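In this structure, vinblastine is found bound to Tubulin beta chain.
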Amino acid sequence: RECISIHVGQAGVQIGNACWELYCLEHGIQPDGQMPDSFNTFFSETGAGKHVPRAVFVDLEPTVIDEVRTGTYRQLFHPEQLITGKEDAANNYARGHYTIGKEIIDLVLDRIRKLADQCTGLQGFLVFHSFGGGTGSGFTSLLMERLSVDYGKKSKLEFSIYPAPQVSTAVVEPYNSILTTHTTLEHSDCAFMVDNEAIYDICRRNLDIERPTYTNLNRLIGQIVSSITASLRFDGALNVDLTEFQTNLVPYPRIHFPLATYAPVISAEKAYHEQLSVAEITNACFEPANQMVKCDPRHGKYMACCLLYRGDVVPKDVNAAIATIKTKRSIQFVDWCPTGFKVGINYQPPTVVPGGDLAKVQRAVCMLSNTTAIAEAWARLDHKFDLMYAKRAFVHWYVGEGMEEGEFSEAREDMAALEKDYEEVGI
Amino acid sequence: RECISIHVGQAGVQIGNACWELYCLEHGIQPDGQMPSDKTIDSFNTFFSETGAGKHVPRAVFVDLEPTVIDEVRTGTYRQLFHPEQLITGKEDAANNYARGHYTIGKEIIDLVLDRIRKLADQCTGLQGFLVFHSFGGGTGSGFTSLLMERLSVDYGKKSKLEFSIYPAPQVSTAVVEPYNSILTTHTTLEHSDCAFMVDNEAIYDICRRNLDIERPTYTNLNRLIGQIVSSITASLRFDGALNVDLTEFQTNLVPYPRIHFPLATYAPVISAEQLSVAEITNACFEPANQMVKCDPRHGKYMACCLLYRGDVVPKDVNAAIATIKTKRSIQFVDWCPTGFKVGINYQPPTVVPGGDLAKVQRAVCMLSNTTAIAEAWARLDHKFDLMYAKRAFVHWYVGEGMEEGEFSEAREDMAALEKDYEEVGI
Amino acid sequence: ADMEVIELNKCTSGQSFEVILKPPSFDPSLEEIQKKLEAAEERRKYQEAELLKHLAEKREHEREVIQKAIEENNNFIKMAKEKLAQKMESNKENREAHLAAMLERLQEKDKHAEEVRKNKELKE
Amino acid sequence: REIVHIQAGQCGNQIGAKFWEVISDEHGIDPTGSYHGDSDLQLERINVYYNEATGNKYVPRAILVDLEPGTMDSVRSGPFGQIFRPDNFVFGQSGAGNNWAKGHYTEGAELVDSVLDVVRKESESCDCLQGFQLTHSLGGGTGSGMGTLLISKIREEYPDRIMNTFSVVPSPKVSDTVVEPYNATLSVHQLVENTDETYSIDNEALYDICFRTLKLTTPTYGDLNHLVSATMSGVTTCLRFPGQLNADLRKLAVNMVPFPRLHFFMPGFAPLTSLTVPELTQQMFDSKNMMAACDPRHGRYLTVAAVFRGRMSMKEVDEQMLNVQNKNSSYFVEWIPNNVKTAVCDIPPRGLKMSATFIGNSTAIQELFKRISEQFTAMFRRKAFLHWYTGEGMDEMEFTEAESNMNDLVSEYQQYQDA
Amino acid sequence: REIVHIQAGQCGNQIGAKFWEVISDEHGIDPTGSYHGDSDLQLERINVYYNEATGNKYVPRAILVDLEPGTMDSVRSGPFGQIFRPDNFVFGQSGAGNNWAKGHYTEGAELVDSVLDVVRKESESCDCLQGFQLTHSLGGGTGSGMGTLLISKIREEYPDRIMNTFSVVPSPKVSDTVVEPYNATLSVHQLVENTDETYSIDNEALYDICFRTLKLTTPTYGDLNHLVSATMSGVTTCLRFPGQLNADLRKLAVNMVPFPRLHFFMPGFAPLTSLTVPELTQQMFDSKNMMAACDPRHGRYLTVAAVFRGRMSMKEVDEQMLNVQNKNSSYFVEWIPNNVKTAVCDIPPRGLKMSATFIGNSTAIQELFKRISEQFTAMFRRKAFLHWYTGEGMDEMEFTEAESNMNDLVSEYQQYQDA
Ligand SMILES: CC[C@]1(O)C[C@@H]2CN(CCc3c([nH]c4ccccc34)[C@@](C(=O)OC)(c3cc4c(cc3OC)N(C)[C@H]3[C@@](O)(C(=O)OC)[C@H](OC(C)=O)[C@]5(CC)C=CCN6CC[C@]43[C@@H]65)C2)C1
Ligand SMILES: Nc1nc2c(ncn2[C@@H]2O[C@H](COP(=O)(O)OP(=O)(O)OP(=O)(O)O)[C@@H](O)[C@H]2O)c(=O)[nH]1
Ligand SMILES: Nc1nc2c(ncn2[C@@H]2O[C@H](COP(=O)(O)OP(=O)(O)OP(=O)(O)O)[C@@H](O)[C@H]2O)c(=O)[nH]1
Ligand SMILES: COc1cc2c(c(OC)c1OC)-c1ccc(OC)c(=O)cc1[C@@H](NC(=O)CS)CC2
Ligand SMILES: Nc1nc2c(ncn2[C@@H]2O[C@H](COP(=O)(O)OP(=O)(O)O)[C@@H](O)[C@H]2O)c(=O)[nH]1
Ligand SMILES: Nc1nc2c(ncn2[C@@H]2O[C@H](COP(=O)(O)OP(=O)(O)O)[C@@H](O)[C@H]2O)c(=O)[nH]1
Ligand SMILES: [Mg+2]
Ligand SMILES: [Mg+2]
């Protein structure tokens with residue numbers, strides 16, 4: 001029925017900021033708030049004019065959350081759904097989860113309940129956060145534990161920003177990610193990983209931006225997100241509810257991390273070119289070059305595929321284009337699973353930001369696939385980690401906030417297990 | 001900050017007299033008192049106390065146990081230079097024996113002095129130390145000095161004492177009993193004094209024969225040459241300086257050890273009136289023929305060197321002057337003082353007495369070196385002593401003032417120790 | 001592949017549907033643990049109140065060097081003041097009663113002028 | 001989020017007064033007056049170095065400490081002298097020293113409080129104190145001694161906040177003064193315990209940068225200080241400027257220092273004296289260009305951080321950078337993944353159209369420490385000028401006890417050339 | 001600083017009255033009147049011999065003592081007779097003696113007081129009394145006997161100040177008497193106890209010095225006194241003159257006398273009768289020229305002091321001087337280092353363009369003493385003229401007791417030809 005957004009931590013917020021903007025452009029809410037159920041999914045029709053998101057934003061420095069209450073959309077949120085922490089996270093799980101987190105954690109948890117209080121039959125939570133990064137791993141994890149307690153059934157859906165060398169990481173990133181994803185895994189239901197590498201890579205191949213910004217990246221992530229939610233703020237069969245999510249993408253409780261693929265990212269100025277074919281957009285989907293976690297699934301196996309088409313599209317085509325995707329490619333569905341394909345068409349044409357870099361399109365695909373190769377990312381983190389922790393590398397700054405040396409061990413120990421589970425799903 | 005002069009005893013005074021004269025010629029104070037040099041309503045302040053609204057009065061006190069010499073001051077011009085009080089005189093003479101000045105005849109005046117020096121350090125916000133000029137051998141010069149200094153040590157806890165001894169030599173007439181006097185004071189006085197510039201009278205007289213070509217060199221002849229060495233040692237903190245350096249650093253450099261160490265004095269260009277190279281003047285310093293205590297340090301080892309240049313010099317020059325005063329000369333730097341060769345330049349030209357014997361020069365070096373061979377002087381005294389005391393020689397005149405037979409022993413006993421300490425600094 | 005597709009749901013703003021391509025063939029978050037967050041909280045106040053009551057170690061060792069000096073000084077002052085003055089009542093006592101060890105050895109070849117001139121007023 | 005600046009001791013004060021008038025003129029600040037510069041950015045993070053007072057005006061959060069008049073009134077009467085808040089000058093009056101103990105015990109502890117009472121009045125004033133940064137000499141006393149003490153007395157009063165220093169490790173060239181090894185070794189010890197990062201400005205390098213590579217015959221403290229002043233503006237840049245990163249300085253620390261033993265960064269610069277990008281990096285990673293007297297060759301990089309300056313494409317920088325850690329691939333430890341990161345701010349320094357600066361946690365810094373403990377044990381050998389401290393109230397064994405800590409530091413660095 | 005002059009007994013008085021009129025005319029003094037001499041120096045230290053009175057006028061600090069009129073009115077009516085202060089003449093009246101005891105006990109002590117009451121007057125008048133010097137004969141009575149007593153009664157009243165005497169040690173050739181050895185030995189004893197230095201003018205030398213070397217057939221007390229008067233000017237010079245040294249006379253003592261047993265100097269002179277520098281020293285250090293009858297050859301010099309007179313270069317003197325202690329190197333004890341010192345005053349004596357005088361603590365002076373105890377023990381042998389003292393109130397054994405003290409003195413000197 002209702003669907004709260006929690007965006008913790010710089011990345012999470014900035015992502016959140018530029019996909020609420022896209023939700024607004026899609027549903028036609030001029031910033032102030034007013035539009036000239038249906039899309040009640042995400043908005044709480046507050047007062048007798050405005051539309052206010054069902055959002056809460058937490059970060060442990062102001063700064064970023066500050067830019068929201070400064071730039072237009074400044075009238076979009078309630079002043080209280082924006083929480084800010086004064087003292088920074090300092091780029092380590094240890095801080096956010098225990099030291100500096102403790103402090104603010106009871107405020108947030110309160111406010112999200114204020115928001116789910118005006119909700120007859122709330123569904124779940126969308127949680128947007130950074131994989132590596134201070135509060136992003138730390139706080140998120142903590143939030144999520146306590147969420148699990150305060151809200152028993154209610155699904156949690158995480159959208160992690162898995163980090164990559166160039167779009168600048170931090171030495172200590174590896175730790176943070178392994179750390180959270182341990183604690184956070186048993187508490188979260190489905191998790192859309194987003195490889196920053198992938199996105200940046202798409203902005204270079206496709207958009208032709210030599211030096212892609214966050215604000216550049218975010219825009220492209222903004223769309224993937226809109227397209228995954230879409231189905232439930234419009235209501236257009238498939239993923240019309242949160243259960244129905246992991247119901248279709250993960251068959252294995254182990255929070256599985258579906259692969260994100262977006263359809264036609266084409267740079268405006270190439271706008272009035274040709275509208276791409278129902279077939280072809282699909283055909284991009286099954287392309288490494290267009291993925292969303294730097295990997296490849298012509299090496300792994302598929303365990304559930306989901307195609308999310310948006311626009312003017314008739315099933316007849318989708319079918320008869322899949323046909324030839326099967327006839328002309330690397331099928332590779334694993335051992336004990338149909339050969340998936342739950343296909344949803346959402347007749348709503350895919351709106352893009354106006355000064356944005358991509359162009360208005362006709363029709364876009366989305367592709368949500370649970371592959372065992374998504375664990376090639378799982379491993380690449382782990383190595384970096386293994387080889388630092390071999391020497392206690394930075395360990396101390398965390399023992400310093402007050403963690404256990406063995407919470408590092410007992411978390412790697414989990415990744416090793418999950419890295420093995422995934423691989424153990426092979427034929 | 002401020003720096004009191006005490007000149008005790010004929011030699012001390014007469015030396016003092018002809019270097020307050022030199023100070024005055026350097027800073028431009030016409031005997032009258034006043035200096036056309038713009039105000040004083042600091043720097044030139046280290047040594048002078050701007051008394052009344054005209055005059056400049058030294059921070060000096062002169063004690064001696066006969067009038068006679070002190071009398072010469074309040075008679076010859078500069079008669080207007082000092083305050084009447086700062087000149088103390090004793091009526092009954094010293095009689096040329098430590099015993100007298102330290103006990104019998106000193107007792108009497110000692111309290112007077114001690115008072116008046118305090119009157120002088122009373123108008124001094126943050127007085128630094130004392131310069132004490134005295135004779136090694138010689139009645140009050142050994143005796144009174146010694147007493148003064150003990151008591152100074154009590155009345156002024158920290159405040160360093162800087163002695164300028166005039167170590168005595170056979171020709172510029174000594175006295176039979178000299179040896180005793182010197183061994184005696186230097187004992188008592190040693191644990192109370194901080195650094196001591198020995199001046200061998202022999203050396204000076206020697207320099208006045210080689211260089212000045214004076215067949216029969218006076219005290220007034222000698223003093224003039226010592227006047228300069230003193231000026232150049234104080235200099236540093238007398239004029240401001242900027243592009244260089246105070247004692248206190250030169251002090252930390254010279255004396256690595258408790259034992260008051262007695263730096264060698266060497267002057268640069270003594271050339272008789274009626275311009276030498278930056279390199280050459282230096283080369284003079286490392287010469288037996290130009291030293292301040294007859295001896296040689298191509299036989300001892302060095303434990304710290306200090307070069308004090310004054311006048312038309314540039315470092316680019318001193319650099320090569322030194323470097324070469326090593327490439328092919330009397331090297332020898334000892335087991336553990338990696339440094340040695342501190343170096344400053346007190347740009348102010350080396351102003352010499354007008355009817356004096358030396359000429360205005362361009363640039364002068366000064367070389368303050370603590371060598372173990374300076375103890376070759378230590379011994380030459382001791383032998384003279386040993387061989388007299390072997391028979392109680394003159395002992396009695398001292399037992400007669402009221403000394404102990406064993407204060408002669410218990411003081412030799414120290415020289416033997418010091419003579420050993422010095423030699424024990426070898427590799 | 002030639003499809004066979006079963007349609008689930010036909011919304012207002014959309015259509016979904018399943019399309020199998022080849023039959024598959026085969027066969028407590030629990031609250032209590034926040035005491036594990038005041039398990040940090042009291043491992044981190046240790047960490048600190050250690051290297052705090054450990055910099056309070058070096059603290060009044062300052063009270064010490066700033067003392068072993070001042071105390072070191074009055075041991076020199078108020079030690080070699082009577083290491084002087086008690087070698088100078090030692091001095092007085094030594095001559096002040098030797099200028100009188102000279103006098104009584106005289107007043108004796110003196111009280112001897114009288115006791116042999118009061119013997120010349122007895123002789124021839 | 002906000003940092004106070006302690007600047008103590010003759011050398012310390014000199015350096016900091018150049019630091020100040022460089023950055024002040026970067027942000028565009030008058031002797032007193034406020035902004036004058038057709039840029040805008042500047043004021044964004046002006047906050048971080050500049051607690052502001054009456055009317056317009058901009059006053060640096062700065063505490064000037066020293067044990068003797070002169071060198072403060074050297075600043076007061078000179079460059080940006082009118083700038084610093086007048087009762088922010090803590091005079092000594094007394095003897096200074098040129099002797100650690102004086103500054104760390106007798107003559108120092110005499111003041112400390114009165115400084116500490118003003119740091120309190122700036123930090124307690126601050127909206128959210130990030131930490132303190134301090135400048136001083138390591139040889140000689142009133143900087144090295146009072147300093148090491150200020151900080152020892154700052155932690156304890158703020159364990160909370162982090163400690164930053166610029167410490168000028170002194171040399172045999174550029175000053176005689178038989179004792180510094182002692183003072184240095186007595187501090188290095190202090191430093192390793194109570195700071196979180198320290199930049200080692202080796203005077204020895206500084207010299208050589210002016211003479212080995214510069215032709216500057218008569219080297220001032222002046223030109224040579226001009227080198228530090230520049231290196232410092234660079235090191236700090238992205239705390240006080242843009243919106244590239246944000247740089248908690250805690251962030252800078254928790255990213256630069258793998259090992260609690262506060263590892264000292266040797267800094268580096270690009271162009272110098274008183275530029276192509278390839279020609280910039282290959283120069284910023286040259287030994288003959290390091291701010292500390294090493295050759296980061298005998299020893300590897302633990303972590304590196306480089307920050308560039310001027311409107312140049314970072315297309316070319318990512319690429320030059322990854323390219324150094326390739327033609328030099330071995331000398332970046334491989335147990336810490338992306339251990340060299342870069343940042344780009346495009347507002348030029350003094351003259352200078354391009355520029356870069358370099359912060360390096362390098363085990364080769366060991367070569368520096370060894371060489372101070374080298375002339376140390378050569379002296380403390382036969383207990384040299386030690387009686388200068390003995391008498392001021394110190395123990396014989398506090399030297400061995402420091403000599404031995406430092407020796408450890410050397411041998412933990414020497415250890416982290418591992419596998 | 002200031003000295004009084006006691007001058008007692010026929011011989012003493014004679015000598016002193018020649019002393020006085022030599023120095024008086026050196027400083028330029030009239031019979032009474034003051035200065036007349038185009039020199040200036042003179043008056044610097046005139047202080048030391050000349051307490052001054054009414055108006056101009058200059059009067060010598062002098063006490064004239066004797067036990068019979070004549071020899072005073074010999075001065076009063078003669079040379080500079082108008083000079084001495086009139087109630088400074090202490091007449092005897094009574095028998096004189098030519099017999100120690102008379103002068104040291106019976107007829108002497110009779111007076112002593114009246115002398116002592118005037119020495120008190122001059123000394124208690126003096127600004128800072130340096131000491132007394134006294135002139136007298138050793139043989140015969142009223143000088144030797146009263147003297148030895150004046151001094152024995154002067155010390156005790158001034159232990160403080162030092163004792164100085166010119167004592168004319170007599171002989172068989174040139175005597176008033178048989179008995180002198182007795183008188184001499186009785187004084188020599190007294191001298192060795194209560195003076196600090198004595199100059200031994202041996203009449204025997206003086207005679208040999210006028211017949212072996214001076215063409216004079218039978219020498220008066222005149223040409224002969226003449227020699228002492230010159231030697232005494234010589235000895236004193238640098239108390240009463242320049243600004244060469246200053247010569248506390250205490251200084252002179254504590255430098256000339258190693259051993260408390262007041263060791264007696266034998267004086268010497270340069271040119272004589274009534275000069276090249278080399279030809280001056282070789283003469284001043286010739287035995288045939290000593291003021292005491294020895295041959296400073298049989299015995300060594302303990303300490304020597306030589307003082308030269310006239311405008312001559314001391315370039316040459318230091319050099320001649322060190323040259324005597326080289327061609328005679330063995331006869332200066334080598335256990336007292338620089339035990340021969342020289343001084344130069346450049347204001348000539350009587351006639352005489354050059355000159356020197358010589359003071360010598362020489363163990364050869366033993367030869368003198370031995371030769372007076374020689375004729376003593378030859379007499380006191382079989383108690384000769386002893387009943388001349390016996391009866392005046394003396395004990396038999398006071399002679400042995402003196403003979404034996406003197407004998408010792410001989411054998412301490414004889415000891416200090418040591419190693
Ligand atoms: C930047 C501050 C500085 O200017 C650096 C040097 C020292 N002083 C400034 C003044 C100065 C220098 N030289 C002086 C000589 C006399 C008086 C003053 C100076 C200075 C220079 O030449 O500037 C033009 C300088 C000094 C030295 C100097 C270089 C130098 O300018 C190049 N040397 C590096 C050291 C030196 O001791 C050393 O470490 O040798 C390895 C060196 O020894 C030799 C042979 O080089 C030398 C050179 C003469 C020798 C003896 C004294 N020590 C002191 C330090 C050292 C010097 C410059 C402070
Ligand atoms: N895709 C994307 N990634 C971001 C964005 N901002 C930061 N990141 C990434 O997130 C990681 C850093 O996480 P942060 O959000 O900066 O850390 P945080 O604790 O959540 O925020 P802070 O408290 O400010 O440190 C790095 O991997 C970055 O590459 C963003 O806007 N978009
Ligand atoms: N250099 C130098 N030495 C002197 C001078 N005057 C005396 N001396 C030396 O100092 C020593 C003598 O010191 P004095 O001043 O005579 O002894 P004093 O007792 O302190 O002073 P007095 O009371 O006058 O005896 C001898 O070694 C002399 O050579 C002088 O003017 N210059
Ligand atoms: C009366 O004035 C005299 C006073 C003195 C000396 C002296 O003999 C030359 C005198 O003349 C007779 C004198 C004497 C002797 C020494 O011992 C050999 C000596 O070292 C030193 C001296 C005199 N001093 C000097 O020769 C040092 S310049 C000081 C005392
Ligand atoms: N570069 C820099 N270093 C200096 C400066 N002044 C002195 N130094 C160095 O630091 C050491 C001592 O500094 P100083 O400030 O005088 O010590 P302080 O007594 O603590 O103030 C010297 O040995 C020099 O090597 C300065 O002007 N700038
Ligand atoms: N040379 C010198 N000796 C004298 C003179 N008069 C006497 N004597 C000697 O001194 C001794 C006795 O002196 P005299 O005065 O008669 O004894 P007095 O009665 O004590 O004064 C004799 O041995 C004389 O040789 C004198 O004029 N000059
Ligand atoms: Mg963070
Ligand atoms: Mg004297």
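Chain naming here is simple, since letters A, B, ... match the order of the sequence lines and numbering starts at 1 in each. Counting starts at 1 for both ligands and their atoms, following the listed order. This deposition comes from X-ray crystallography, 4.1 Å.
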- prompt: Which ligand or chain identifiers match vinblastine, all copies included?
  reply: ligand 1
field: Contact chains, vinblastine (ligand 1), heavy atoms < 4.0 Å
entry: B, D
- prompt: Which species does the PDB give for chain D?
  reply: Bos taurus
- prompt: What is the modeled covalent link for vinblastine (ligand 1): residue and atom, or none at all?
  reply: none
message: Any idea what name the entry gives to chain B?
response: Tubulin alpha chain
